[PDB]
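Here's Mineralocorticoid receptor with progesterone bound to it.
By the PDB entry numbering, chain A shows 737-754, 760-908, 917-982, in order. Heads up, header says this was done by X-ray crystallography, 2.3 Å. Read the numbers this way: they start at 1 and go in the same order the structure lists the ligands and their atoms. We use all heavy atoms of the structure for the numbers below, so side chains are in, but hydrogens, waters and symmetry mates are not.
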Amino acid sequence: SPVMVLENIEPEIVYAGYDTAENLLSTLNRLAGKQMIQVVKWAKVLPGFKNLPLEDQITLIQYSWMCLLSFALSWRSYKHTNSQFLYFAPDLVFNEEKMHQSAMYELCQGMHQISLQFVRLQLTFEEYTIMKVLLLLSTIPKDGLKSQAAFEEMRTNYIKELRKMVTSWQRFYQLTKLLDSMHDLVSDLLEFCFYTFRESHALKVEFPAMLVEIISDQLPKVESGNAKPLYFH
Ligand SMILES: CC(=O)[C@H]1CC[C@H]2[C@@H]3CCC4=CC(=O)CC[C@]4(C)[C@H]3CC[C@]12C
């Protein structure tokens, strides 16, 4: 039973341990590193995904960590603030002022825009959950994965699970359209993230060992079009 397993393994609260732009960004990076810990424990108990060679699991996670965390940022903003603010952590909610101080003001707007989508679609917890798994399987290597045959079977099943959900019948295509749009939002998130990373030493913006670990060997798997985003439309 996919749905029941998905809600149970869903990670829980996590403090960021909370003011210039550099300190604000350093904080979110540390919070990111702490959230990626919950993402790793969550994925390892994920149906299907946990049976693919460990190499595919790690790769998929590195291609999609930004998706998963920002998408969650939305669920959280949706649930705790009716999408009115950015709920990164309990001790750190963002409003236009904050979004401004992080030197991240447009990027914030885009995420807040996803949240707004949630309240408008009246997104469901059951939908959210399956959708977060699909985001995990939203980007693959340009020429395919090791166990590609297995990958597609699993991905098709979760797509089927989302279908079982919505069955008005159009809501399906609405949620999968929303999923494709996430790609656009995350591609901008990463470009800015890749830049701050490259200048971290000069900008005084702290990045956790984990994020450094991921972003580092992610760039090579992306550059020269070595990555392939999967869309529904
Ligand atoms: C400083 C920086 O480049 C920013 C740009 C987009 C930002 C990320 C946006 C998505 C996100 C949501 C969270 O709830 C935790 C922190 C993260 C993972 C953010 C950490 C800081 C990033 C990587």
- Message: Where would I look for progesterone in this thing, copies and all?
- Response: ligand 1
- Query: Which organism does the entry credit as the source of chain A?
  - Reply: Homo sapiens
- Message: Considering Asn770, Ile964, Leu938 one by one, which has a heavy atom nearer to atom 22 (C) of progesterone than any of the others?
- Response: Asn770
- Task: Below 4.0 angstrom from a heavy atom of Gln776, which progesterone atoms are there? Numbered from 1 as shown, please.
- Result: 13 (C), 14 (O), 15 (C)
- Query: Does progesterone approach any residue of chain A that UniProt lists for 21-hydroxyprogesterone binding closer than 4.0 Å (heavy atoms), and which?
  - Reply: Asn770, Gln776, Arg817, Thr945
- Ignoring hydrogens, just give me the one of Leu772, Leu809, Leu810 whose non-hydrogen atom is nearest atom 12 (C) of progesterone. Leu810
- May I ask you to list the atoms of progesterone that are less than 4.0 angstrom from any heavy atom of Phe941? 3 (O), 5 (C)
- Query: Most of the residues of chain A in contact with progesterone belong to what UniProt domain?
  - Reply: NR LBD
- Query: UniProt aldosterone-binding residues in chain A with a heavy atom under 4.0 Å from progesterone?
  - Reply: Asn770, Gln776, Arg817, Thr945
- Task: Show which atoms of progesterone fall inside a sub-4.0 Å distance from at least one heavy-atom site of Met845.
- Result: 4 (C), 5 (C), 6 (C), 7 (C)
- Query: Where the closest heavy atom to atom 9 (C) of progesterone is concerned, which of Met777, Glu940, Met852, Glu763 has it?
  - Reply: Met852
- Query: By chain and residue number, what forms the binding site of progesterone with heavy atoms closer than 4.0 Å?
  - Reply: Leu766, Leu769, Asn770, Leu772, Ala773, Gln776, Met807, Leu810, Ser811, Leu814, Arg817, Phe829, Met845, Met852, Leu938, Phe941, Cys942, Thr945
